[PDB]
Asker: 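Below you'll find the structure I mean.
Chains are lettered A, B, ... in the order of the sequence lines. Numbering of chain A is taken from the PDB entry, so the residues present carry the numbers 3-83, 89-117, in order. All chain B residue numbers match the PDB entry; in order, they span 1-212. Residue numbering for chain C follows the PDB entry; the residues present correspond to positions 1-132, 140-218, in that order. In what follows, every heavy atom counts, from backbone to side chain, and hydrogens, waters and symmetry copies are set aside.
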Amino acid sequence: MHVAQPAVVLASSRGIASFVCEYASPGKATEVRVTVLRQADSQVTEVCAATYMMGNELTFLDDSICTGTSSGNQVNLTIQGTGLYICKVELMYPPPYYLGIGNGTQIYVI
Amino acid sequence: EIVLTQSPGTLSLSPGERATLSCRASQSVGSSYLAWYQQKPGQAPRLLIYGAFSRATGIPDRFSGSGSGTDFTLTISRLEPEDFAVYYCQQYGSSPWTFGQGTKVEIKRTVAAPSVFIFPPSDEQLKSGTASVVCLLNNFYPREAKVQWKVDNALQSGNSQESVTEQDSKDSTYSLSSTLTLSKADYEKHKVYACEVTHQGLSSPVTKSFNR
Amino acid sequence: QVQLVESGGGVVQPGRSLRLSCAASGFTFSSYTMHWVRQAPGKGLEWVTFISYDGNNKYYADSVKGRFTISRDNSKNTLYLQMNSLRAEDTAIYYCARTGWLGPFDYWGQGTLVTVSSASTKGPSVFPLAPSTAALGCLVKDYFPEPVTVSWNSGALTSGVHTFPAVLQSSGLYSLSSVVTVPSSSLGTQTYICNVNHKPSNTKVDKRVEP
């Protein structure tokens, strides 16, 4: 399913970057998982992950790197601390299951 | 349900040639949600391509993929001996996860006519009340071959079964075994039992037969 | 090194139940969703079931909806597949599969075979296919279940050997032929013996084939 994220974002001088990752759902899912992967040299590592029941605030597993806020079908992420950062959205319930993969975000550090 | 569709059913090429395998989706699926798999006989599937274009870890560069929407492609630029196998495409963007029918990549070789053999039932089997007449087609190519049974010059129907070995590794041939099963009673009512074979390498149907 | 090892396969009669296990090693188990994928003999791949990271959500193919239950134990790095009310149509190789973080099934177990059939264990009857470059062979008839292994002259004869894939007869039993191409002149000189063995019935037979 179509996931939209910016092509490029700028990171502040304190190493924190913020971008919006929005997603549409063919149905209306009440149980969503949002993941952020880092892709460099074909291999991918997990930046962070959060589980989302719509309207109940975005709960992140481990807030060491990512803190984010929900507002409908948009998620405003914040990552702290030079590859490609991909926003992943999983519509778990109700069926059907949907996987969404954004086109990736480049992060330039001024 | 997203129905996937592969073509051809069988690809006949030679080592060093370029293979092009097609996968079709019943509705548009994003490139990020298509994969290709390789499976060799007696082995589990193995991932080659994900995201339509991206290549899995440990996969040589001669494998590549392309396409979006409805039509996708897997390309093997130069076939190696180990590349002759079955290939499956899948969509993994939504449930249910669906696969294509598969596509077989066989080695193409020169035509080879089958050597046909006929085996009467053993008297040791007849003691059991049934008679199995076995016809052997040894080392032929291509895989297509039709055998018809004749009992007292009368064509049979619905009383025989076939079996084909996997493509030979060395000579790249196939072999086929056809078994005609008769009741002992019915077997001893006739005299001429003939196995008739047609193949590309035979200008005329060959008949191997015997009498009791 | 990512490893998936499934177990629990076997032969069973319709309506009975079977429990499969998939032991995972070499990666953080709870960080990946899992699948079971099956493959009937000689046919393609069919997705069976999916499970979430912790197990909150499970989905099944329609052919198994209501009879199969998928579960996982992240504490023990094990995946399960409780399959009940079995049908002959469930005969297949059942693979354990991990989902990559970008979608595909990036790792598969080698598989465990389950056979659902109302037949019972029977040893094969081995008959000689006598010659008359010559050809001879053994007919391994009426056995259940797969597999059977055939060699010739205790393994010393493998060139020109063709053991054919078994065939499922209407009786519900399997039948195959194993043939050998031999120089027509060696008949009477060289002794030719089939070494068939069907462990499920603990039957091992040696049959000599003569003109």
Asker: Tell me the name of the drug molecule at chains B and C.
Answerer: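 The drug is ipilimumab.
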Asker: Quick one: what's ipilimumab bound to in this structure? I mean the chain with the most contacts, named like the PDB entry names it.
Answerer: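 Most contacts: Cytotoxic T-lymphocyte protein 4.
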Asker: Does the entry name an organism for chain A, and if so, which one?
Answerer: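 Per the PDB, the source organism is Homo sapiens.
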Asker: Determine, using UniProt domain annotation, which domain of chain A makes most contacts with ipilimumab.
Answerer: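 Most of them fall in UniProt domain Ig-like V-type.
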Asker: Return only the chain of ipilimumab that leads in heavy-atom pairs under 4.5 Å with chain A.
Answerer: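 The chain with the most heavy-atom pairs under 4.5 Å is chain C.
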Asker: If contacts are heavy-atom pairs closer than 4.5 Å, what is the epitope of ipilimumab on chain A?
Answerer: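 Counting heavy atoms only, it's A:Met3, A:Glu33, A:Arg35, A:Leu39, A:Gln41, A:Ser44, A:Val46, A:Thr47, A:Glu48, A:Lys95, A:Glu97, A:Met99, A:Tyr100, A:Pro101, A:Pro102, A:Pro103, A:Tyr104, A:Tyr105, A:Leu106, A:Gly107, A:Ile108.
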Asker: Listing by chain and number, which residues of ipilimumab come within 4.5 Å of chain A, heavy atoms only?
Answerer: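 The heavy-atom paratope of ipilimumab is B:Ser32, B:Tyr33, B:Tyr50, B:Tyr92, B:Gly93, B:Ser94, B:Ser95, B:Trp97, C:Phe50, C:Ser52, C:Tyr53, C:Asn56, C:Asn57, C:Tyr59, C:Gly100, C:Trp101, C:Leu102, C:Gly103.
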